[PDB]
Structures are given as C-alpha cells and as structure tokens.
Amino acid sequence: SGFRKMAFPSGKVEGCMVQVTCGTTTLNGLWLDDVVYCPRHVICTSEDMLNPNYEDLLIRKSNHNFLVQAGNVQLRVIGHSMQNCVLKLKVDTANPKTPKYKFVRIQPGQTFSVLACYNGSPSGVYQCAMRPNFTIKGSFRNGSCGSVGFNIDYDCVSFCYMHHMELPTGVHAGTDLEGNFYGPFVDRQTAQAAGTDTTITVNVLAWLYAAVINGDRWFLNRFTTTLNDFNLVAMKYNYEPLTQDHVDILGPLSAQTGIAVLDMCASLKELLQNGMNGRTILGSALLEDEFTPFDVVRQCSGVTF
Amino acid sequence: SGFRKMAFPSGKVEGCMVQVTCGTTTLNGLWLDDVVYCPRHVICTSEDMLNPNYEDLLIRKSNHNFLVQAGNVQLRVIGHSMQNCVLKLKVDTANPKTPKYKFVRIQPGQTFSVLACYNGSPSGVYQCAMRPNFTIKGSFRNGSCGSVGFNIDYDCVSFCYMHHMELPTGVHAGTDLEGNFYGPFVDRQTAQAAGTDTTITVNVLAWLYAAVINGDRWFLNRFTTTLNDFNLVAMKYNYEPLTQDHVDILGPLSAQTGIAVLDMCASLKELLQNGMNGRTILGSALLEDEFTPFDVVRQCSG
Ligand SMILES: *[C@@](O)(CO)[C@H](C[C@@H]1CCNC1=O)NC(=O)[C@H](CC(C)C)NC(=O)c1cc2c(OC)cccc2[nH]1
Ligand SMILES: *[C@@](O)(CO)[C@H](C[C@@H]1CCNC1=O)NC(=O)[C@H](CC(C)C)NC(=O)c1cc2c(OC)cccc2[nH]1
Ligand code: NA
Ligand code: NA
Ligand code: NA
Ligand code: NA
Ligand code: NA
Ligand code: NA
Ligand code: NA
Ligand code: NA
C-alpha cells in the first residue's frame, strides 16, 4: 500500500542525454539514433537571446560550429536543421542505447517524469504535471535547458517535454519534441506571464477514486450530476472542465469501485461547496491534483516496464 | 528555481534488478557481479513464514531450487549463503552492468532513492527518508520485496535499503544490504508496530529555508529563540531535538537567506503552537521533514 509521487525509471532516457555547445552557450540534448534534439537558442549568445532572429542566426552556423558530447566523447555533427524551437543535429554515430520511442504532445493535467540534466549528465528525476496554464511546477536551474520529460509505456519511451525557460513566478515552460511550445510562451530572454492556473479536476477525481479503493470513502454522497452542469459549477471554483477523454480514462477506476463518474463528480462538487469540514482524504486536507487516473491505476496495480 | 522531491537517476540500479523465484514465492533480487542479493523469506512457504527457522530452512535447500531470471535469461545458481535477512545466491555469470557500488547503513533522517520493482522489472523511482522510528513512508505492493534504496555519489552507487515488509499502519520496513533490519522488526508474517514516529527537525528547518529561497515568507517572524528553549517546545510536539551539529549543517542555508538558524527555529516554534491555519508552504499543508539540508543546498544553491 501507500501512495507516492512516482517517476518512471529513467535508465532508457539517461543513455540518450548529451551535451550541446555553440561557442560558450551550452545545454542538454537528446540523442536518439543518429539525431540530437536540443533547444534552438543554443546558437545564441547571451545578448542574442534578448531579441533573436533564429533564421538569421542559424544561417551563419555550419555543422562544424556545433559541439555534441556524450560525456567527454565528441559526436561529429554532419547536418543541422531547425523545426520550430528545437534544433535537430544529425551526428556521425547512431546511439546504441536508443530505446523504442515516440514523440507525443501531452494534454494539460497529464503527468510525466522529468530527468533533470546539467552539462549532459542526469542529476535527478521527478514527476511533473502539465498545469492547465501550460506551465510546470518543476525544479530547474542554469544549464538545465534541453532536459526532457517523458512517460514510459512497456518498452516505449514517449517523449513529451523539453525545457526552455523559467517564468518570473518560478514556474517553468517548454516545448514538445517537435519544438512547439506548450502555451503562449516564446524562447526569448524576456519576462513572460502565464495565464491564471486552475485545479486539474480529472486528477482530483482520480485521487478520490484512489481514496475509495483504500477504504476512505466518507465523501461519497447520494447525489449525481450531468457533465455540463458539473463543468459549469467547477469553473466557478477555478477547476478545469472535464472532457470526454477525461470521463473515458476515469472508466477503469469507476468500474473498480462501482462508483459512476458522474456520481464522483457530484461528491467532488459538494467538497467544493461545503469544504472538508475538518476532515482529511488519504491523510491530506488538500485535494491533490497531480495524480492522473493512469498514475492511480499504475501505482495500485504495480505496472512495470 | 523551484523545489521538488527528487530521486537519483536509477539507470545504474535498473541494470542490477533480477527476479528470484523459490517454490511458489517470487520477489526481486539485486545482481552485483556474480552474486544475487534478495530477501531470505523467498525460501519460505505459507506455513514457514509464520515462525520461520531460517537456518533450518536454508540448509534444506539446493542450488537448483532457486530460479533466477535476468530479463529473458536464466542465471544458474552455483552457490547460496545467507547474511542475516539477506539471501545471497552466487551465479555462474557476472553482471556486466555492475556499477561501482558500496553497502552502507544510513542514519535516521537521511534520505535515499527507492527503485520500486515487481517480478525483477523496475516500476518507479521516488525519494524516501529513514524516519527516526526506522520505518519509511513508501509505496510498496505485493511482489515489491527485494526492491532496493540507494544514493549515488559521482559514479558510485551506495546501497542502503532492501524492502521486506509493510506494517499494519501502512508504513514500510526493511534491512540494509547486510541483512540487518532498520528498527525492531523481524521478517516473519506477523502484525508489528513501530516506536512513536517523531519528526526530523533539522529537515523541517531546511525545508523552511527552501521555501524562503523560493519566495515563501509568510511564516517568518521577528523573534529569536535559544537552542534549549526551542528543543523544549520541539520535544513537546514529538520533534527530534536539534543539536549544534544540525545548526552547523544548516549554515550555508542560513548565510544564503540571511536568516539565522535560531531565527528559523522561532518561526518553526510559532508554526507548532499556532498551526498553519489554512495556508500552505511550498504547496504542502503539513510541515515536511523528508528533505535533508544537503537536498536543499544541492537544489537551491544558485
Ligand atoms: C536554459 O538552461 C538556458 O539554456 C535556461 C533554463 C532557466 C534558467 C534557470 N532556471 C531555468 O529553468 N533557460 C533560459 O535561461 C531562458 C533563455 C532562452 C532564451 C529561453 N530564459 C529564461 O528562462 C528567463 C528569462 C527571463 C527574463 O529576461 C529578462 C526576465 C524574467 C524571467 C526570465 N526567465
Ligand atoms: C514482499 O513483497 C513479499 O516477498 C512483501 C512486501 C509487502 C507486501 C504489501 N506491501 C509490502 O510492502 N513482504 C511481506 O509480505 C512480508 C512477508 C515477509 C515474510 C516479512 N509480510 C508483511 O509485510 C506483513 C505481514 C503482516 C501480518 O501477518 C499476519 C499482519 C498485519 C500486517 C503484515 N504485513
Ligand atoms: Na478569465
Ligand atoms: Na476498516
Ligand atoms: Na447555473
Ligand atoms: Na467560489
Ligand atoms: Na480548454
Ligand atoms: Na466493483
Ligand atoms: Na558443487
Ligand atoms: Na564448491
């Protein structure tokens, strides 16, 4: 038993982390087969990042201006191309540690493991949730750009995040592996503001199902609701509206407990209107929203990869 | 910036995880060189686990009785010994992915990364702290025995925990890699309670320093207390006493933020007597004690 914030085993990703350097600007890159993926601002100087023209800056760069290092071993760059905010560097060596992988763009509220890296060497791993305002409440310092976020499904690593910047509020923003930023952020050295964040309702409901599975079910009421009525009420409490996919991925937890999804929504609605009344759920007085229904199922079922 | 519960990269340990089966009992094993380390209760049956005479049960087992599998491959057991609660199975093949390693016994309050595994396959990784009552608050289910805890320094993996048991209260207990249990627990199928769980005081203070570094200051006050006066109140709330060693270890955090330790102690004292009301610290509604001063410095130095 027990419920902890669990990251995926990071071994398959550790073997793909390299260092990328242009002049004196250095960050992390992702080495899959014979291609290294990294943030495009590696080609910028400190002053270039203030107001960069990436098309102009890249046209002056040649393959021999890129230093890619797996540890201390250099991988010669034999080709380069820009795709949105990510630089793709073809190298002379196919990574023998390349796992089965996919490039995926995740939804807000979906979780993933972040392998924090500095100078191409992994330093730590932890689980993040993509906030509804497309930020992540991570832990990133200088030199962490290029660190990737990922999920593992069986033998396949689904890469979903690459780190680019830290907002003034201390949260973090980045792109998918195709270089498309999550949310309305740009890769420039400017103070950028994120939208008003909200609570991930599908994850709170999954956490409620996890409590019911563990015998903590005092919050179950005799009410039900429609999905539209609940979505309108939830927004008044700064909670995210539920999608059809949200109801679908809550299916297994609903079947395992016998509690209909819309019944759990009405129970959560009462918890928002009247509070907890000095009671706790799973030992916590706060409603946790960084556990997806997959995270609840994966943890309680001992799923391996 | 930012502060999060983070674990070491587990790749060096994933290459050592194997599956050990004896009879109808299956758990995880740690494959280092030509030795596989796993909990010794894998040799027990349902009736044995009640009151197992391990010396008597082990002598009655042969090499062929143990099925060790590393991924697809089956490792041939060519020898078997036992050190306390850890069974040692010698195999005819050395693990090529064996990293630089060492077996260490950590102290209460220190942290380590847990690679939770099932049937020899890694499932997840998270950070745990060795609580003062020598239990850990982890997430282990059936088949997780043999999962190990560790710390990594440079290229060396320092193994410090192997999982054995979940107490009725939901917390977990295990041994070091020499088979010695952390706490007064025994590897038998009985309901066992631990001593009173106190709070790691030096860790709460470091966590409060991390909150100040990250812009959380609402809990601070203008007051200062003495070391003894704080420990009097701390022990009243089942907090571990704060030693001058702990005060010195918090030094870099105190100098970086400009808040003296004794100043932070006065803030913690107010939090214990008045509570947190409805506010939170670093997103938590409770006083966290599973972050060491090193965990805070290593994450908030810049
Ligand atoms: C990368 O490591 C650089 O390669 C770096 C990671 C952040 C820095 C510290 N912690 C992090 O997460 N990313 C940056 O430095 C980026 C630079 C590119 C152009 C995106 N910039 C920021 O993260 C940034 C800039 C500013 C700013 O200006 C002025 C004002 C306020 C906040 C801010 N964040
Ligand atoms: C291992 O996976 C078994 O190899 C298992 C790990 C626990 C299972 C559930 N969650 C875990 O962390 N370990 C055990 O099952 C051990 C067995 C060995 C012999 C110690 N037993 C317990 O953890 C246990 C037994 C009892 C009990 O009896 C009766 C009564 C109440 C609680 C309890 N926990
Ligand atoms: Na609005
Ligand atoms: Na009960
Ligand atoms: Na209405
Ligand atoms: Na309201
Ligand atoms: Na939307
Ligand atoms: Na049911
Ligand atoms: Na022999
Ligand atoms: Na012999």
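Order of the sequence lines sets the chain letters (A, B, ...), proteins ahead of strands, with each chain counted from 1. We use all heavy atoms of the structure for the numbers below, so side chains are in, but hydrogens, waters and symmetry mates are not. Just follow the structure's listing: the first ligand is 1, and inside any ligand the first atom is 1. According to its header, the structure was obtained by X-ray crystallography, 2.0 Å.
Present at ligand 2 is the drug PF-00835231 (bound form). Contact analysis gives the chain with most pairs under 4.5 Å to PF-00835231 (bound form, ligand 2) as the one UniProt calls 3C-like proteinase nsp5. Other chains in heavy-atom contact with PF-00835231 (bound form, ligand 2) below 4.0 Å, by letter: A, B. Each of the following atoms of PF-00835231 (bound form, ligand 2) lies closer than 4.0 Å to a heavy atom of B:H163: 6 (C), 11 (C), 12 (O). Distances shorter than 4.0 angstrom do not occur between any heavy atom of B:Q192 and any atom of PF-00835231 (bound form, ligand 2). Below 3.5 Å of separation, one finds no N or O of B:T26 facing any N or O of PF-00835231 (bound form, ligand 2).
Remark: PF-00835231 (bound form, ligand 2) atoms within the under-4.0 Å shell around heavy atoms of B:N142 are 8 (C), 9 (C). Looking at B:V186 next to PF-00835231 (bound form, ligand 2), no N or O pair under 3.5 Å apart turns up.
Of the UniProt active-site residues in chain B, the closest to PF-00835231 (bound form, ligand 2) by non-hydrogen distance (1 Å) is B:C145, 2 Å. Among the atoms of B:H41, some N or O lies under 3.5 angstrom from an N or O of PF-00835231 (bound form, ligand 2). The deposited structure shows a covalent link between PF-00835231 (bound form, ligand 2) and B:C145 SG.
In terms of N/O distances under 3.5 Å, PF-00835231 (bound form, ligand 2) is approached by B:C145. Near B:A191, meaning under 4.0 Å from any of its heavy atoms, are these atoms of PF-00835231 (bound form, ligand 2): 27 (C), 28 (O), 30 (C), 31 (C). Residue contact check: B:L27 has heavy atoms under 4.0 Å from atoms 4 (O) of PF-00835231 (bound form, ligand 2). If you look at B:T190 next to PF-00835231 (bound form, ligand 2), the close heavy atoms, those under 4.0 Å, all belong to the backbone. Distances between N or O atoms of B:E166 and those of PF-00835231 (bound form, ligand 2) include at least one value under 3.5 Å. Within chain B, the UniProt domain with the largest share of residues touching PF-00835231 (bound form, ligand 2) is Peptidase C30. PF-00835231 (bound form, ligand 2) places these atoms under 4.0 Å from at least one heavy atom of B:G143: 2 (O).
The residue among B:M165, B:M49, B:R40 with a heavy atom at the shortest distance from atom 20 (C) of PF-00835231 (bound form, ligand 2) is B:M165. Using a 4.0 Å heavy-atom cut-off, the binding site of PF-00835231 (bound form, ligand 2) is formed by A:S1, B:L27, B:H41, B:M49, B:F140, B:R141, B:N142, B:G143, B:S144, B:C145, B:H163, B:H164, B:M165, B:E166, B:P168, B:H172, B:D187, B:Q189, B:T190, B:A191.
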